[PDB]
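Consider the following structure, which contains rupintrivir (bound form).
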Amino acid sequence: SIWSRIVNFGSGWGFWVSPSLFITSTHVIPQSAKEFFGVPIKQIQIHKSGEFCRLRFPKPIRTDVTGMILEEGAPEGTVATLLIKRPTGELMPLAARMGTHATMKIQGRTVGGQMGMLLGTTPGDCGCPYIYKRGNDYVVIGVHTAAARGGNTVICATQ
Ligand SMILES: *[C@@H](CC(=O)OCC)[C@H](C[C@@H]1CCNC1=O)NC(=O)[C@@H](CC(=O)[C@@H](NC(=O)c1cc(C)on1)C(C)C)Cc1ccc(F)cc1
């Protein structure tokens, strides 16, 4: 069901934090769109923080979902879940030990987020959420935006 909150968005994915809040990667959002989920884009309030893209809709869109906790990253050492959906529809939950929070430079651009280590990702996976459980509540910490071409290093864009 939480998987139902991940939906094809442009060249990547996005996630319904609530019935009205939708988050994605800044590299994924369709730049020349005049409508999202039937809503005129003029009616949608979009905020961009580096690679974190945040879409507040005027009315609730996903009335079936509940509002989730959204925070700027996770505590260091937290083993997070990277909920990756592939174009085939396959579900690919990946374990990632979250690392330090920082302003990072990625392909010349400045990105606020949190490094992680997979315990693979591909171009089409951007916009997919990082989530961990804290008590009884699941917590969204950000969206996938990059991965180093060396070893295991993923970037979760935050804020
Ligand atoms: C997701 C976005 C995408 O496909 O858009 C094309 C620009 C994609 C995911 C990676 C592709 C391969 N595997 C992935 O997980 N991300 C990108 O294309 C960003 C750039 C990268 O991922 C490079 N990675 C890095 O520079 C890097 C550095 C560190 C510590 O970690 N990763 C490639 C080596 C893949 C696009 C991007 C993101 C943010 C920016 F500020 C600029 C550019």
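The PDB entry numbering applies to chain A: residues 4-122, 133-172, in that order. Note that ligands are numbered from 1 as they come in the structure, with each ligand's atoms numbered from 1 the same way.
What binds rupintrivir (bound form) most in this entry is, by the naming of the PDB entry, Peptidase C37. At a heavy-atom distance under 4.0 Å, only backbone atoms of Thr135 (N, CA, C or O) approach rupintrivir (bound form).
Of the candidates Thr29, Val114, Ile109, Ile109 brings a heavy atom nearest to atom 42 (C) of rupintrivir (bound form). For rupintrivir (bound form), the atoms sitting less than 4.0 Å from at least one non-hydrogen atom of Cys139 are 1 (C), 2 (C), 3 (C), 8 (C), 9 (C), 16 (N), numbered in the order shown with element in parentheses. Distances from atom 20 (C) of rupintrivir (bound form) to the heavy atoms of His30, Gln110, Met107 show the closest one on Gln110. When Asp138, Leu121, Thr158 are ranked by how near their heavy atoms come to atom 16 (N) of rupintrivir (bound form), first place goes to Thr158. Considering only non-hydrogen protein atoms, atom 35 (C) of rupintrivir (bound form) sits nearest to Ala160 O, 3.5 Å. The ligand atoms of rupintrivir (bound form) that sit less than 4.0 angstrom from a heavy atom of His157 are 15 (O). The N/O atoms of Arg112, backbone and side chain alike, include none that comes under 3.5 Å of an N/O atom in rupintrivir (bound form). This entry records a covalent attachment of rupintrivir (bound form) at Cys139 SG. When the heavy atoms of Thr134, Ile87, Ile168 are ranked by distance to atom 30 (C) of rupintrivir (bound form), first place goes to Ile168. The entry attributes the origin of chain A to Norovirus. Among all non-hydrogen protein atoms, the one lying nearest atom 21 (C) of rupintrivir (bound form) is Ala159 CB, 4.0 Å. The closest heavy-atom contact to atom 4 (O) of rupintrivir (bound form), among the options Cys141, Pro136, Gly15, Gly137, comes from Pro136.
Relative to atom 29 (C) of rupintrivir (bound form), the option among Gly140, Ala161, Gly163 with the closest non-hydrogen atom is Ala161.
Protein heavy atoms are absent from the 4.0 Å sphere centred on atom 18 (O) of rupintrivir (bound form).
Interface of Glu54 with rupintrivir (bound form), defined as ligand atoms under 4.0 Å from a residue heavy atom, comprises 39 (C), 40 (C), 41 (F). The contact residues of rupintrivir (bound form), taking heavy atoms under 4.0 Å, are given as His30, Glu54, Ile109, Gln110, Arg112, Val114, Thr134, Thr135, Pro136, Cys139, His157, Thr158, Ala159, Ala160, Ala161, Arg162, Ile168.
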